[PDB]
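This file shows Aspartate carbamoyltransferase complexed with N-phosphonacetyl-L-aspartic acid.
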Amino acid sequence: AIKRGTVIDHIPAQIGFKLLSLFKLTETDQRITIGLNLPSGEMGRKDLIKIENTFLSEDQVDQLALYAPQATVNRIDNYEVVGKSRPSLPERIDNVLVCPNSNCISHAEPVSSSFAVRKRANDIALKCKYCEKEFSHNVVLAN
Amino acid sequence: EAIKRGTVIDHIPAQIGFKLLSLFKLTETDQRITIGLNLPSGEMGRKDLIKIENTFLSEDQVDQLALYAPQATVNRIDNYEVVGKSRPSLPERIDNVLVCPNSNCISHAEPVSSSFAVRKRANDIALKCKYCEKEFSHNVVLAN
Amino acid sequence: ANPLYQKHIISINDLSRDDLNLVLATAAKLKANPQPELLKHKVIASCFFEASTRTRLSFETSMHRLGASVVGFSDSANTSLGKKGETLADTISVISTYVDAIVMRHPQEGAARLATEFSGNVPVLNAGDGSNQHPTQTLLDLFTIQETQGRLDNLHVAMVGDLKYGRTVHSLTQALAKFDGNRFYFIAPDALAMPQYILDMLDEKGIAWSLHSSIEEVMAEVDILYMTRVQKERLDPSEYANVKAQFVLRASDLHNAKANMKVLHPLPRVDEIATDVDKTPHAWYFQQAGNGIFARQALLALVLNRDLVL
Amino acid sequence: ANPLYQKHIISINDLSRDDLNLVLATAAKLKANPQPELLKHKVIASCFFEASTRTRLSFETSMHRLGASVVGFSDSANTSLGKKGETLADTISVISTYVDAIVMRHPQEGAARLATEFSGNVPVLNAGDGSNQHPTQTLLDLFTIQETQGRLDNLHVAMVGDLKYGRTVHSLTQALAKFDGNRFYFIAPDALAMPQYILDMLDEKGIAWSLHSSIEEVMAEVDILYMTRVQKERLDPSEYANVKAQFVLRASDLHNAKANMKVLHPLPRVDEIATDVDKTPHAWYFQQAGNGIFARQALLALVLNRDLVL
Amino acid sequence: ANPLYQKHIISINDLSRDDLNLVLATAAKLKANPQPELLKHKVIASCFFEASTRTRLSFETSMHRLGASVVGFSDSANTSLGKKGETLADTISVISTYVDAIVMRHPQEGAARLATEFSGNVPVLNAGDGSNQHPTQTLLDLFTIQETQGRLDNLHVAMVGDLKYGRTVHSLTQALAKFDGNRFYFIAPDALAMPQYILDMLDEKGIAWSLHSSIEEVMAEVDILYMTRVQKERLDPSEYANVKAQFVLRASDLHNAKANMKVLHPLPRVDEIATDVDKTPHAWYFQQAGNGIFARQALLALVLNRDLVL
Ligand SMILES: O=c1ccn([C@@H]2O[C@H](COP(=O)(O)OP(=O)(O)OP(=O)(O)O)[C@@H](O)[C@H]2O)c(=O)[nH]1
Ligand SMILES: O=c1ccn([C@@H]2O[C@H](COP(=O)(O)OP(=O)(O)OP(=O)(O)O)[C@@H](O)[C@H]2O)c(=O)[nH]1
Ligand SMILES: O=c1ccn([C@@H]2O[C@H](COP(=O)(O)OP(=O)(O)OP(=O)(O)O)[C@@H](O)[C@H]2O)c(=O)[nH]1
Ligand SMILES: O=c1ccn([C@@H]2O[C@H](COP(=O)(O)OP(=O)(O)OP(=O)(O)O)[C@@H](O)[C@H]2O)c(=O)[nH]1
Ligand SMILES: O=C(O)C[C@H](NC(=O)CP(=O)(O)O)C(=O)O
Ligand SMILES: O=C(O)C[C@H](NC(=O)CP(=O)(O)O)C(=O)O
Ligand SMILES: O=C(O)C[C@H](NC(=O)CP(=O)(O)O)C(=O)O
Ligand SMILES: [Mg+2]
Ligand SMILES: [Zn+2]
Ligand SMILES: [Zn+2]
């Protein structure tokens, strides 16, 4: 139980460790607590990450919706929860993703990747700003 | 928080706890894991800490840690009890986790597991590839 | 200013119905009475990073008929990108300090889009980017359809051949779908089918389309029969069984066609259209090519002139 | 069984001073008294995945002088590894069900060691693995140094040329370092210096060694002048300045040479030894090549025949 | 003379059930009791016009175990056929005046049969002719199936991979079909199916066979799982979708396998057999390769030595 910072809860099993790398969260001097494969009332098993005196970038919260849709982000101040929400999915994601179209110009050239995001049913679709192709976020997140 | 059974890797130097998770693939399990990063120590000042339930490390596995966290303490826990304490001693070899930096080594092209002989050289650790026999500082030998 | 002044022309997806009608109206006028000095004092880059006959030559001729000058290259092998390792980005960055507009064709999807990020106030015209988009082809196609059919709505359109890699039909299907009551017939091998993203767009607008395994199934029904070439230079090796034209149109297959039906093809053709088709009243792929001049003149005039009166 | 019976012969670093002397002692004997049938009923694979004249032909000649048969290849291009994508491991896995020993040369370091992990009870003899080890070169070299100096202890040994990539001098330096009181002069361009693992090994045994920029410094004190070829096929493009022999020995460089001193070279030479050296009494590289027969006979004998020859 | 004395060995389709058993019976004997001089004073040509590791090296090894000498080439590029335009017929016409038997592998179907028409009284043994026949592969295969199943009758045999171009399975299926009550499962991409002349032959003998889309269906009932490599060097460019192994056997696929079942593969494998299979007790492809020595010894014995070995 931290005093001030962030608690990312309801992370799906085997995802917790990824977020640590991808967001370089452990590259800090700030105290960190992590629980992997924790028992969950609503999930059975879950991962959990606590970071003191630290808050996510909008960059980091935007990406979080893809990685872990059902995850909750808690902002704590003075030993108390102050902000609690499911991370809001954006419509553009820059830099982190790689177009799975191998003949996309985005592979050879000094530009940041960029995708337009939408759809429900099952997977969510990412449309490359460059080649205009659209893919399931399953195929894309298998970078 | 305390575990009933498994291994607690205490006294991991700062910024190392995460590497150990990545390198020895410690998170590739359904077992409950608990991690503390940047904890106060006093013996060390700042430290990392890894608890893994229902999981045990042989002397050799404990030894592989000597490259990264030599002053670490490995506590074997059973029935909420510390039933054994051991410290990493430099191993003779390190297999599988590293990749030989010689691009012309047969180990890259063929279905074999990597392997290096470990020796103390000056204030460094030198790794000799079992296959190509070239020697490198541990710093320049990457993982995968 | 006209709606297309100083605009990049990258993808049909960024153009409205009105935008397309404007180019078509402007093309009609320029064909009727030429404006030989309309683009005087303009210098335009023609940068082709892959092969072209129709697109580059009609573009450059169009520039000259309007009085502009042309610089560029038809091969990248002697640019600094070809010999000194220069990026496309830097290439666009310097050329855009020289010229008033850039026409570009490139083997990678997205190259034209990327170019707009480095060309500042200089308009980029996509002459083709990989198997993605071919907007100026669609402009001439629409113009030709308009010419021969008197309309762009309520048509029965068959597209035949490599629909997967045909940037021509990606752009053309999108354009025709901005009009009302068009019906589509896709005749393609499975491995080279019309991509799902095009189909989904048709579904969202409530446009009827169906799949057919032969031309004869629809011959009596179609106003436009749009043939394509297999894009061998884009096939994955796994798709090499499709290199040969699966559907071959011959003069004899036209016996039950509508009288007004026209056979189109962006060209070049290999074997998908037999030479005995050329003399029939349905062949119109060369007149279609011919129309590249008026559509490309129109596009150039609209992008580089605030407004014109004609 | 003799100490070397059924042993893999991969690296000098795995052998002891006693093993080396054993080979030499056996070589002496078979030269004096050939045993043309010692290896009758053996079949031995000769597998060369990069080029060879001396090593392959002398090994095969050795096999025939002892009565063994020979199978193999001098080129990997027509093996199933060359044309059908087969691994080296699978190649060794099948060959080791055919023959009684495997002699192999390969362009990647470690190849011989690998084969050892798939060859079961079939011994592997390393005819050279990339720039790593060349143990049978060292055996003939030692035999030659012994023949011409009367000893292998307390010698002054210069090694000249490409020391970084010379598998010959990696093996030979390690071997001489197993004997007492030898002294080393290393004459190399800085870019192709003797690797640090060799130098450390020498320091550990308190062996004296130093670097020199010319042959002339040490000419007066050397007993063995070991010349090498720049290993151009191993060189990184960044090391292409060293392709040309930096040190050329000519007959006039030998004025201040001890009468006992021999010039050795594992061969082939390019220009690092001028032809005028050939006629001088210091030249011994051809005699050296010939000693390959006796060293390689001995080695085959000890590995394939359980009893000490006599 | 034994039934196979001085016989050409071209196609399994030319041999009877008795011939095959004869080879196998001779193989058993020579393995138990080697006759190192049975072929003393024979010289035998080993002529390989396409690539080989197992077939060529085991044949040559067999020749040496029996005391014969060996001449030939592993590459046609330095024959007068390779450089001076000589026909295969003339090549066989001269070689057949030198040697006592000709072992040949060639990339064109029918080559072995052709050589037979120019070789006079010199027997030709087919080491593989294009995608047609591989009779000595079948001999070792049968020996292996016999060794591990105790019989060649009433077996469940799956063959997986490229059946259209597999000379191995053309020969092997024809051979097993000469025995009673065997059952076949063919697991191939449709484009590389077992040819119709094999299937017709089976129907004529009332042998049961069926097609399957996965290994898992038949895993429970098979005694022999015969995996093959996609023959990419034989493939038409139109078949390039099948280059990648469509069926990959891994150790986990073997859970429901009978304890007696063996996995065979004529080798080389690419990825159709994952390396984790190597350690499981079903893996027998290396043991299989080793049986090549005994099958090929036996064959040489019977063709070149008039009396039945015993
Ligand atoms: O003072 C606090 C309060 C809460 N937390 C941490 O915040 C996380 C969430 O805070 P809560 O514990 O209050 O959420 P909740 O379970 O009651 O309801 P759900 O979100 O599950 O629907 C908990 O996992 C707890 O570890 C702190 O670290 N410090
Ligand atoms: O700091 C920590 C460490 C560990 N845990 C461990 O996490 C487990 C769950 O703690 P929870 O507080 O999340 O229970 P929960 O009912 O709210 O679970 P949900 O339905 O919301 O998913 C607990 O069993 C505890 O052991 C924490 O909650 N916080
Ligand atoms: O499960 C946990 C969680 C957290 N911690 C946290 O570790 C920190 C130190 O707790 P320690 O128990 O390690 O104190 P220590 O004096 O033994 O430390 P050393 O000298 O051995 O290095 C404290 O911040 C504590 O909350 C645990 O020890 N175990
Ligand atoms: O049931 C237990 C017992 C012990 N532990 C954990 O074992 C770790 C060490 O247990 P120790 O009790 O031995 O720590 P220590 O400070 O007394 O001795 P040092 O190693 O620091 O010199 C502590 O971090 C504790 O959290 C459990 O997690 N569960
Ligand atoms: O190449 C095709 O088949 C269709 C289309 N053709 C053209 O644009 C004509 P050209 O290549 O001669 O300029 C294209 O996408 O390039
Ligand atoms: O190539 C050299 O210069 C030294 C040495 N040379 C030899 O072994 C002689 P060969 O290559 O003719 O067998 C080697 O490492 O291969
Ligand atoms: O090539 C194959 O996959 C099967 C078969 N393989 C062999 O005979 C083994 P090798 O080509 O090494 O002699 C062949 O037909 O050549
Ligand atoms: Mg909760
Ligand atoms: Zn893209
Ligand atoms: Zn190595």
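Chain letters run A, B, ... following the sequence lines, proteins first and then strands; every chain starts at 1. What you see here is only part of the deposit, and the contact count is restricted to that part. Counting starts at 1 for both ligands and their atoms, following the listed order. Computation of the quantities below employed the complete heavy-atom set of this structure, encompassing side-chain atoms and omitting hydrogens, waters and symmetry-equivalent molecules.
- Counting repeats, the structure shows N-phosphonacetyl-L-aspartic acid at ligands 5, 6 and 7.
- Other chains with a heavy-atom distance under 4.0 Å to N-phosphonacetyl-L-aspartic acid (ligand 7) are given as D, E.
- Binding site of N-phosphonacetyl-L-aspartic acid (ligand 7), heavy atoms within 4.0 Å: D/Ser80, D/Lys84, E/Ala51, E/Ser52, E/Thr53, E/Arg54, E/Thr55, E/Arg105, E/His134, E/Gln137, E/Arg167, E/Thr168, E/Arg229, E/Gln231, E/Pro266, E/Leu267.
- Listed by number with element, the atoms of N-phosphonacetyl-L-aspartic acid (ligand 7) under 4.0 angstrom from any heavy atom of E/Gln137 are 8 (O).
- For chain E, the entry records the source organism Escherichia coli.
- The nearest protein atom to atom 6 (N) of N-phosphonacetyl-L-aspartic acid (ligand 7), hydrogens excluded, is given as E/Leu267 O, 2.8 Å; this is a heavy-atom distance.
- The contact set between N-phosphonacetyl-L-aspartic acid (ligand 7) and E/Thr53, taken as ligand atoms under 4.0 Å from a residue heavy atom, comprises 10 (P), 12 (O), 13 (O).
- For atom 1 (O) of N-phosphonacetyl-L-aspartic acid (ligand 7), the closest heavy atom belonging to the protein is E/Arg229 NH2, 2.9 Å.
- Taking any N or O of E/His134, backbone or side chain, at least one lies under 3.5 Å from an N or O belonging to N-phosphonacetyl-L-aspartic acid (ligand 7).
- The protein heavy atom nearest to atom 15 (O) of N-phosphonacetyl-L-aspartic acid (ligand 7) is E/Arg167 NE, 2.7 Å.
- Geometrically, N-phosphonacetyl-L-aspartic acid (ligand 7) and E/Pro268 share no nitrogen or oxygen pair separated by less than 3.5 Å.
- Shown in contact with D/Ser80 at under 4.0 Å from a heavy atom are these atoms of N-phosphonacetyl-L-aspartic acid (ligand 7), numbered in order with element: 10 (P), 11 (O), 12 (O).
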